[PDB]
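Notes follow once the structure below has been shown.
Letters A, B, ... are given to chains in the order of the sequence lines, protein chains preceding strands, and every chain is numbered from 1. Atoms within a ligand are numbered from 1 in the order they appear, just like the ligands themselves. According to its header, this structure was worked out by electron microscopy, 2.8 Å.
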Amino acid sequence: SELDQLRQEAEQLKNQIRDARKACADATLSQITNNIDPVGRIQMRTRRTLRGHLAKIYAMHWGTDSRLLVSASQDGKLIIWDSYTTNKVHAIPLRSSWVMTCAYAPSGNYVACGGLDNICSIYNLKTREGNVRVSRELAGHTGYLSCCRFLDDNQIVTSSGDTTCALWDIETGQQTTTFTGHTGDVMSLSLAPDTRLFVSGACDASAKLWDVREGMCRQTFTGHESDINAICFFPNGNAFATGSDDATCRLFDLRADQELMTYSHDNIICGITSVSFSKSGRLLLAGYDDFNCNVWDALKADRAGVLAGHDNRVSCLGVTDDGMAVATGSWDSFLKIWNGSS
Amino acid sequence: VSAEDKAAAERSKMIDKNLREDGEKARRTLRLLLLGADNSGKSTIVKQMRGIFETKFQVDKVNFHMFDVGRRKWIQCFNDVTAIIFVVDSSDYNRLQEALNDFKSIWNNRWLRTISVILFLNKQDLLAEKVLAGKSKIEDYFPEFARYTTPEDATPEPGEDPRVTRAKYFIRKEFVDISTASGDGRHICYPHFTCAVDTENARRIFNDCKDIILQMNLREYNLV
Amino acid sequence: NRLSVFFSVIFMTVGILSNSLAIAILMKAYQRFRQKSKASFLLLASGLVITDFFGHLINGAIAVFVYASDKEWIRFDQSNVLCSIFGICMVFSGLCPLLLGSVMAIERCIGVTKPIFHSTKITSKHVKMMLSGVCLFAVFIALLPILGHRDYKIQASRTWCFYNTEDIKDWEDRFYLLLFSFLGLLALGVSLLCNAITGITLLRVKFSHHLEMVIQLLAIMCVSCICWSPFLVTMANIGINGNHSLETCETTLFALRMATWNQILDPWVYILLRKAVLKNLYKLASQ
Amino acid sequence: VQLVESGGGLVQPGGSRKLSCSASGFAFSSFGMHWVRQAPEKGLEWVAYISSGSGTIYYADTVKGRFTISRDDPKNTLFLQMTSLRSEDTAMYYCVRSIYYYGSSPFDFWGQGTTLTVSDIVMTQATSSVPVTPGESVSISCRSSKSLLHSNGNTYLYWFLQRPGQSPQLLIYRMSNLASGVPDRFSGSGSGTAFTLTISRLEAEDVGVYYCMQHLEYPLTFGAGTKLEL
Amino acid sequence: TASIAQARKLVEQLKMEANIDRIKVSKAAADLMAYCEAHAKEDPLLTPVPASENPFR
Ligand SMILES: O=C(O)CCC/C=C\C[C@@H]1[C@@H](CC[C@@H](O)CCc2ccccc2)[C@H](O)C[C@@H]1O
């Protein structure tokens with residue numbers, strides 16, 4: 001009786017939201033950006049090849065200096081690279097080799113990683129002893145760790161396969177806030193530039209916008225037909241892009257609370273693993289299962305170019321803070337640094 | 001290149017040397033993935049031979065490292081294991097169709113297309129007793145079992161009841177039928193009949209892994 | 001009569017094209033297989049095809065130069081530097097493919113008979129060391145007459161330089177002929193022994209890719225022995241019987257050209273004449 | 001982090017002596033090691049360098065052929081074998097650790113030193129002494145014969161402070177970066193061949209001798225040193 | 001009473017999401033287009049820099 005009545009009210013509320021989104025869907029992003037000129041052909045060359053990983057690379061993250069990056073592989077090795085010289089700055093042996101994510105602290109003093117061990121391990125890069133040591137192990141997730149991102153040296157946000165995201169206090173080792181509401185494994189998260197909000201994509205084909213301080217879900221974004229694997233905030237924080245296994249990328253708007261554009265091609269039938277934006281946000285770069293990285297025009301939904309330099313799945317990618325280069329990691333155990341030439 | 005850059009580059013080469021030394025050490029062991037249902041009894045298979053549970057056992061001076069995670073997302077991590085040890089409980093007729101669908105997902109997974117499955121049809125003693133009692137009928141769950149006959153080329157074990165032999169080959173055929181429906185030789189299923197006291201499981205994995213590695217080499221020698 | 005300019009050009013052209021074609025396929029295929037395993041066969045097969053590529057190039061260019069110079073060795077090689085260089089290249093271009101083929105036979109015999117030992121114990125460094133050690137050993141044998149105060153002499157055809165075979169008197173002069181023939185026969189014998197063991201094991205195990213590999217092994221054994229034995233026996237006959245042997249210039253020259261076709265057919269019988277490769281070449285031709 | 005030197009003492013001219021440097025509290029095998037000596041009432045002088053992994057070894061010209069530097073990583077001991085000792089070798093020998101990667105701070109820790117008694121880019125610090133008062137800003141100037149700015153953007157200039165009775169301490173590395181544990185009042189500014197160390201709000205602890213060292217190339221050379229007195 | 005407790009929570013969440021202020025899609029699209037135009041010049045991937053200014057020559 002009461003349960004049946006309540007679940008009918010949820011359907012009415014869903015229709016109310018759907019009508020509300022349709023009310024503000026006066027125009028389409030495609031119509032708005034029809035007049036602007038295309039970005040042309042985007043040609044990027046492999047400037048650097050980072051060799052030394054002996055297994056599948058699962059994650060990479062640039063440091064804020066746009067020169068150092070950390071990559072994670074399932075050989076149980078965290079490696080910090082000097083991208084300018086390809087020198088290896090550090091090689092961190094992982095207690096659990098089944099790592100799936102890695103994060104570089106914005107200060108550059110810490111890196112984080114974690115995988116099927118359900119632990120987010122914090123590593124101190126600046127010690128008087130001259131070696132990298134574990135400073136914290138963040139326990140509390142009941143599923144694998146899929147993504148992690150620092151807010152500062154003391155706060156980090158992690159997404160897990162136990163359908164929840166958590167905000168952690170690194171000094172005390174306790175999760176101050178738990179973000180619940182996803183019905184599937186959360187595969188990725190992206191922080192807003194002001195670090196007051198973050199979006200997460202799960203395997204329930206939905207993206208949720210979370211308030212860090214308040215700790216609740218502000219908006220829910222649906223429209224994908226399969227698991228979401230990647231998510232990335234727009235550089236101004238008012239939009240984000242997702243990548244799913246249905247071979248499509250979608251651009252959702254926070255304030256309009258709906259999808260604005262879909263990035264798919266008929267030839268593309270493979271899943272998407274990673275997404276990122278260029279510094280101005282005009283380009284959306286996505287890594288694919290078909291061994292390629294497609295550069296999309298975010299505004300016009302045009303495939304601007306292709307990065308074809310890997311012999312296995314493109315598992316991760318990232319764009320530097322200064323926008324100078326993009327790194328691609330792959331299951332073929334190599335990392336490549338790309339940028340164009342005049 | 002400055003004086004500090006040379007010292008930095010020399011540090012990088014010392015890192016690269018230890019990266020290769022650890023990689024070669026990791027290749028000296030064969031990695032196995034243990035899968036199965038709750039009633040499979042895969043733990044008992046491991047214990048007799050001996051978030052992630054790991055066990056190391058050695059057969060003829062060869063080290064095996066088997067991982068029992070205790071799933072379409074994290075199964076991609078084990079994309080480069082030597083073999084998958086999929087265990088089922090053949091006695092429980094009710095959950096056999098669940099195991100067949102579970103096996104079908106693993107076999108047809110996009111990230112396990114080159115991973116051979118070492119099937120372990122566990123708890124054969126219970127299956128033999130269940131058929132002997134006759135209280136439960138396999139035909140109730142599988143209608144096609146009533147029209148199935150033991151192959152003439154079959155080689156039953158000595159002292160084995162023909163009723164049990166007909167049942168065992170039917171259950172094995174269902175898994176083999178899934179295996180032979182796709183793959184085209186990229187991966188091969190290696191079914192086995194094991195019980196709760198069998199102590200030859202480790203050697204069966206070792207012998208099957210020799211064929212899995214040999215099949216890997218033959219593709220290298222031929223697909224050039 | 002039996003010797004002509006076009007004889008060396010055709011052998012060089014087919015050898016260069018066949019080796020260059022196999023090099024491209026080996027490079028693309030290695031990246032595919034380096035992820036699954038160390039791909040020891042692909043490394044060795046790449047070294048063999050590269051070594052044969054230079055053999056048809058370095059020795060082919062010198063041979064064409066001699067033919068173009070009207071075979072005037074005295075007029076244009078007074079210092080005898082070219083013949084010394086020519087002799088070293090010929091020994092390297094003939095003893096390295098024999099030794100490399102004998103190592104692939106051993107390498108693939110271990111991989112088939114003991115796949116676990118090959119996969120775990122043998123590392124990529126061992127394969128590169130074996131590939132480097134074989135190439136260096138061929139160079140060392142090639143340079144042995146130079147370090148032994150001897151020199152390579154112009155053969156009867158006056159088109160290729162090699163060990164002196166006419167009127168050998170000193171025991172050191174006949175020792176080099178025996179050493180080259182013994183190494184060629186020992187490498188040939190080891191190749192047959194290991195290929196036969198691999199072929200027998202595959203047939204026993206088979207009774208998917210077993211029959212395709214067996215045809216490859218039989219084709220390797222036939223080409224390796226038919227092409228090289230007429231030359232290895234000729235050197236052994238001259239090394240033992242000396243000038244008393246009825247080894248005419250025509251017999252020695254013909255046996256040389258058979259041994260050349262082993263390097264021409266190495267890319268095909270090892271790489272190109274494969275079911276997967278032919279489909280790729282067929283698709284490439286259509287496109 | 002500790003670096004203890006031993007083996008020094010009075011030796012006859014032309015003799016031999018073995019200096020040891022035992023390291024504790026840090027990963028010794030990860031750091032390159034230098035020997036730096038200081039003649040009595042004189043400035044610092046670099047002696048030798050051995051890299052991490054013992055693959056690279058450098059010597060000063062005045063000691064090359066007579067000194068041998070070696071390390072024992074399992075025992076965390078640094079050695080300096082000296083032969084044909086001259087009266088010019090009478091100095092206090094310091095054991096210095098230095099690790100080299102992007103953003104590292106070489107020459108960050110110095111040992112207490114051991115005393116030995118026997119019976120090229122030019123770095124200039126013209127101002128030998130500077131009278132100072134507490135709370136007042138002080139600037140120290142350094143000059144180099146060659147430009148220390150490399151094509152990679154780094155300027156390999158270092159600043160050290162040796163308080164009376166104490167071993168030198170790193171203040172500024174690569175001409176601008178502030179070493180760990182150093183107050184922010186110290187600031188390093190430079191360009192090309194001219195460099196300035198500014199000390200705002202001078203305190204009693206800042207009193208001492210200041211040395212500027214170049215690390216552009218070997219041999220590493222020190223300035224004469226500028227002494228601060230009240 | 002697990003299902004009835006979850007139903008109240010799910011309904012309560014949908015109320016919060018339905019009470020937010022939504023701007024027009026044309027307004028939201030223009031803001032994204034405006035940001036790309038304003039920051040276009042400082043995007044090296046969109047407009048490649050001269051080789052002298054490229055750290056990855
Ligand atoms: O004058 C005539 O016609 C004959 C003589 C020409 C001169 C050189 C032959 C060349 C061939 C050598 C290939 C390479 O593999 C060495 C083989 C070999 C080594 C050692 C002992 C026996 C044989 C190339 O193919 C092109 C060219 O023909």
- Which of latanoprost acid, prednisolone, artesunate at ligand 1: latanoprost acid
- For latanoprost acid in this structure, which bound macromolecule has the most atom pairs within 4.5 Å, going by UniProt? Prostaglandin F2-alpha receptor
- Task: Tell me which other chains have a heavy atom under 4.0 Å from latanoprost acid.
- Result: C
- Under 4.0 Å, heavy atom to atom, what does latanoprost acid touch in the other chains? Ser8(C), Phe11(C), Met12(C), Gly55(C), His56(C), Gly60(C), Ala63(C), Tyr67(C), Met90(C), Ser93(C), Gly94(C), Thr159(C), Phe180(C), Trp228(C), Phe231(C), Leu253(C), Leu256(C), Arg257(C), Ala259(C), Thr260(C), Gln263(C)
- Item | Transmembrane segments of chain C near latanoprost acid, UniProt numbering, heavy atom under 4.0 Å | 1, 2, 3, 5, 6, 7
- Query: Where, by residue and atom, does the entry place a covalent bond to latanoprost acid?
  - Reply: none
